[PDB]
Colleague: 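Okay, handing you the structure first.
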Amino acid sequence: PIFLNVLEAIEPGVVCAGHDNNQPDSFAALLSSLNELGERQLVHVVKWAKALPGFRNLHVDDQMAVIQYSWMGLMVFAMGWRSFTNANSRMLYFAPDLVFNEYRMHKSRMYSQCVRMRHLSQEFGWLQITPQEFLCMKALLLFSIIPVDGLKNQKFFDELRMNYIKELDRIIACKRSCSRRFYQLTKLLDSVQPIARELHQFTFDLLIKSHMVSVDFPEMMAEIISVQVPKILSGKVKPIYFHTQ
Ligand SMILES: C[C@]12CCC(=O)C[C@@H]1CC[C@@H]1[C@@H]2CC[C@]2(C)[C@@H](O)CC[C@@H]12
Ligand SMILES: [Li+]
């Protein structure tokens, strides 16, 4: 099982947010900390993606683009997973030093988004998702959002995505019905996209007004959110869904 060996080997470790838990919870502090966490995790997601089987088959411009479009969904999905394994989805485990209870969900003014994310975390429990399933699903999320007009070399992308789908199917097949399970997992993967879209909308709006509300955006975050995220929100870049929405 070369493929699973690899996904397991490359899986990023713990990333902390740098949040000061001594200071009262305020919108500005929580969101600055989440933004900082995003920047730190972005560094890990890039090194992760670059080490994925076949990823170097993509054109270099496409390597960068798939990361830039998919990071939100990937980070939300992994955060769901950590919340499940650490808090049993009772709280959102963004980082060891940044765990949201209901009060912080309220204070972050992202309560409805946090509800959807906690629901995804709950699905990990409800569907009894295995770590191997999680790892393959996560890899497939990197290949789940692309420009409507296609990438630089779409053929390389299509083939890579195909290979990852096949890998998910094998993992299900190697389990003690297959069809139900595949249906369940593709439905779960689809459910990440609407959550990612609401956070895309939220973060874009926040960047625009960030001076006003004293929320800090680090450099990579500000740039992707103003350059790449608007492509998604304007419909130039769209998620690939398994099932019809
Ligand atoms: C991806 C992050 C940070 C990484 C993580 O664990 C999930 C989480 C989901 C909400 C995001 C946050 C990064 C910063 C964002 C985008 C804020 O600007 C508003 C929503 C935040
Ligand atoms: Li705090």
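Residues 672-847, 852-920, in that order, are what chain A shows, numbered as in the PDB entry. In each ligand, atom 1 is the first atom listed, and ligand 1 is the first ligand listed. Per deposition record, X-ray crystallography, 1.7 Å.
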Colleague: What drug or investigational compound is present at ligand 1?
Modeller: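 That's dihydrotestosterone.
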Colleague: List the macromolecule sharing the largest contact count with dihydrotestosterone, named according to the PDB entry.
Modeller: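 With more contacts than any other chain, that's Androgen receptor.
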Colleague: What residues contact dihydrotestosterone if the heavy-atom distance limit is 4.0 Å?
Modeller: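 Heavy-atom contacts: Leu702, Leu705, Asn706, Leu708, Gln712, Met743, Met746, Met750, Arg753, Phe765, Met781, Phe877, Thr878, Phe892, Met896.
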Colleague: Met750 heavy atoms, cut-off 4.0 Å: which dihydrotestosterone atoms fall inside?
Modeller: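 Answer for dihydrotestosterone: 6 (O).
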Colleague: Looking only at protein heavy atoms, which one is nearest to atom 7 (C) of dihydrotestosterone, and what is the separation?
Modeller: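 In this structure, atom 7 (C) of dihydrotestosterone has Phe765 CD2, 3.8 Å as its nearest protein heavy atom.
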Colleague: What residue and heavy atom of the protein are closest to atom 13 (C) of dihydrotestosterone, and at what distance?
Modeller: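 For atom 13 (C) of dihydrotestosterone, the nearest protein heavy atom is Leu705 O, 3.4 Å.
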Colleague: Could you tell me which atoms of dihydrotestosterone, counted from 1 in the order shown, lie closer than 4.0 angstrom to a heavy atom of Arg753?
Modeller: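 Those of dihydrotestosterone that fall under 4.0 Å from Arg753 are 6 (O).
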Colleague: Any N or O on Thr878 sitting closer than 3.5 Å to an N or O of dihydrotestosterone?
Modeller: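 Between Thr878 and dihydrotestosterone, an N or O pair is found under 3.5 Å apart.
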Colleague: Help me out: what species does this PDB entry assign to chain A?
Modeller: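 The deposit lists Homo sapiens.
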Colleague: Does some non-hydrogen atom of the protein lie less than 4.0 angstrom from atom 4 (C) of dihydrotestosterone?
Modeller: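 Neighbour list for atom 4 (C) of dihydrotestosterone includes protein heavy atoms (cut-off 4.0 Å).
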Colleague: Just wondering which 17beta-hydroxy-5alpha-androstan-3-one-binding residues from UniProt for chain A are within 4.0 Å of dihydrotestosterone, heavy-atom wise.
Modeller: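 In chain A, UniProt ones with a heavy atom near dihydrotestosterone: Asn706, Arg753, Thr878.
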Colleague: Identify which UniProt domain of chain A accounts for most contacts with dihydrotestosterone.
Modeller: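 By UniProt annotation, NR LBD.
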Colleague: Considering only the protein, which heavy-atom contact is closest to atom 15 (C) of dihydrotestosterone, and what is its distance?
Modeller: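 Checked against all protein heavy atoms, atom 15 (C) of dihydrotestosterone sits closest to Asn706 OD1, 3.8 Å.
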Colleague: Considering heavy atoms of the protein only, find what lies nearest to atom 11 (C) of dihydrotestosterone and give residue, atom and distance to 0.1 Å.
Modeller: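 Going by distance alone, atom 11 (C) of dihydrotestosterone is nearest to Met743 SD, 4.4 Å.
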Colleague: Contacts table for dihydrotestosterone: protein N or O within a distance under 3.5 Å of ligand N or O, distances only.
Modeller:
{"residue": "dihydrotestosterone", "atom": "6 (O)", "partner": "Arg753", "partner atom": "NH2", "Å": "2.9"}
{"residue": "dihydrotestosterone", "atom": "18 (O)", "partner": "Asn706", "partner atom": "OD1", "Å": "2.7"}
{"residue": "dihydrotestosterone", "atom": "18 (O)", "partner": "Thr878", "partner atom": "OG1", "Å": "2.7"}

